[PDB]
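First comes the structure, then the notes that go with it.
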Amino acid sequence: XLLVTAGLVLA
Amino acid sequence: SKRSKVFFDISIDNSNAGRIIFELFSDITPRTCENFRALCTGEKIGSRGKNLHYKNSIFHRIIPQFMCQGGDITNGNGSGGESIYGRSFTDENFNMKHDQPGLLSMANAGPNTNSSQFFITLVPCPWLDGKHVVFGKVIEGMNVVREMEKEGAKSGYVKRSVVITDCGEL
């Protein structure tokens, strides 16, 4: 999908 | 003035792309902005003995028509990062929203997990409001940001090197 994470980037 | 002014000199594929100048919302999110400002000047020392600094860090994740992500000053791939407050610090507030391109917001790994990673919006990102702290905006160099957007992909991986060759406070 469209997220902005640090380490487990998901869909 | 009230709000701090900081900048990034950007290199794309080992070629200068220009400077990006940011206005930090020091008056709305003081703790968050101070962390970013300090990381631009490299004035603080981290837990590994090195001074926390965005200089020479890279933009490891860029997705066209979404955002440009960087700030992993420890691992350069998204798994790392460190703030002047430690491995992570609390979400200050979410007063500012991602209602436009050119916004500087904190990347994180869930509630209260802000470190050094940040992202610059390429379009409005309403679905991130309340989840990521918007603490600044680009006041000059949006063309450079668009140049970086060009280096991204749907997967987020950046085929050509996008690096911050210099940074500091103005």
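Simply put, chain letters go A, B, ... down the sequence lines. All residue numbers given for chain A refer to the PDB entry; the residues shown span 201-211 in order. By the PDB entry numbering, chain B shows 2-171, in order. Scope of the values below: all heavy atoms of this structure, side chains included, with no hydrogens, waters or symmetry mates. Modified residues keep only their parent identity, or become X, and their further atoms are not part of any contact count.
In this complex, the main macromolecule engaging chain A, as named in the PDB entry, is peptidyl-prolyl CIS-trans isomerase. The compound at chain A, a drug or drug candidate, is named ciclosporin. Using a 4.5 Å heavy-atom cut-off, the binding site of ciclosporin (chain A) is formed by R62(B), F67(B), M68(B), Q70(B), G79(B), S80(B), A108(B), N109(B), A110(B), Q118(B), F120(B), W128(B), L129(B), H133(B).
Every residue of ciclosporin (chain A) with a heavy atom under 4.5 Å from chain B is listed here: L202(A), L203(A), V204(A), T205(A), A206(A), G207(A), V209(A).
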Between chain A (ciclosporin) and chain B, are any donor-acceptor pairs under 3.5 Å, and how far apart is each one to 0.1 Å?
from: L202(A); atom 1: O; to: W128(B); atom 2: NE1; distance (Å): 2.9
from: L203(A); atom 1: O; to: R62(B); atom 2: NH1; distance (Å): 2.9
from: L203(A); atom 1: O; to: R62(B); atom 2: NH2; distance (Å): 2.8
from: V204(A); atom 1: O; to: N109(B); atom 2: N; distance (Å): 3.4
from: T205(A); atom 1: O; to: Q70(B); atom 2: NE2; distance (Å): 3.0
from: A206(A); atom 1: N; to: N109(B); atom 2: O; distance (Å): 3.0
from: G207(A); atom 1: N; to: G79(B); atom 2: O; distance (Å): 3.0

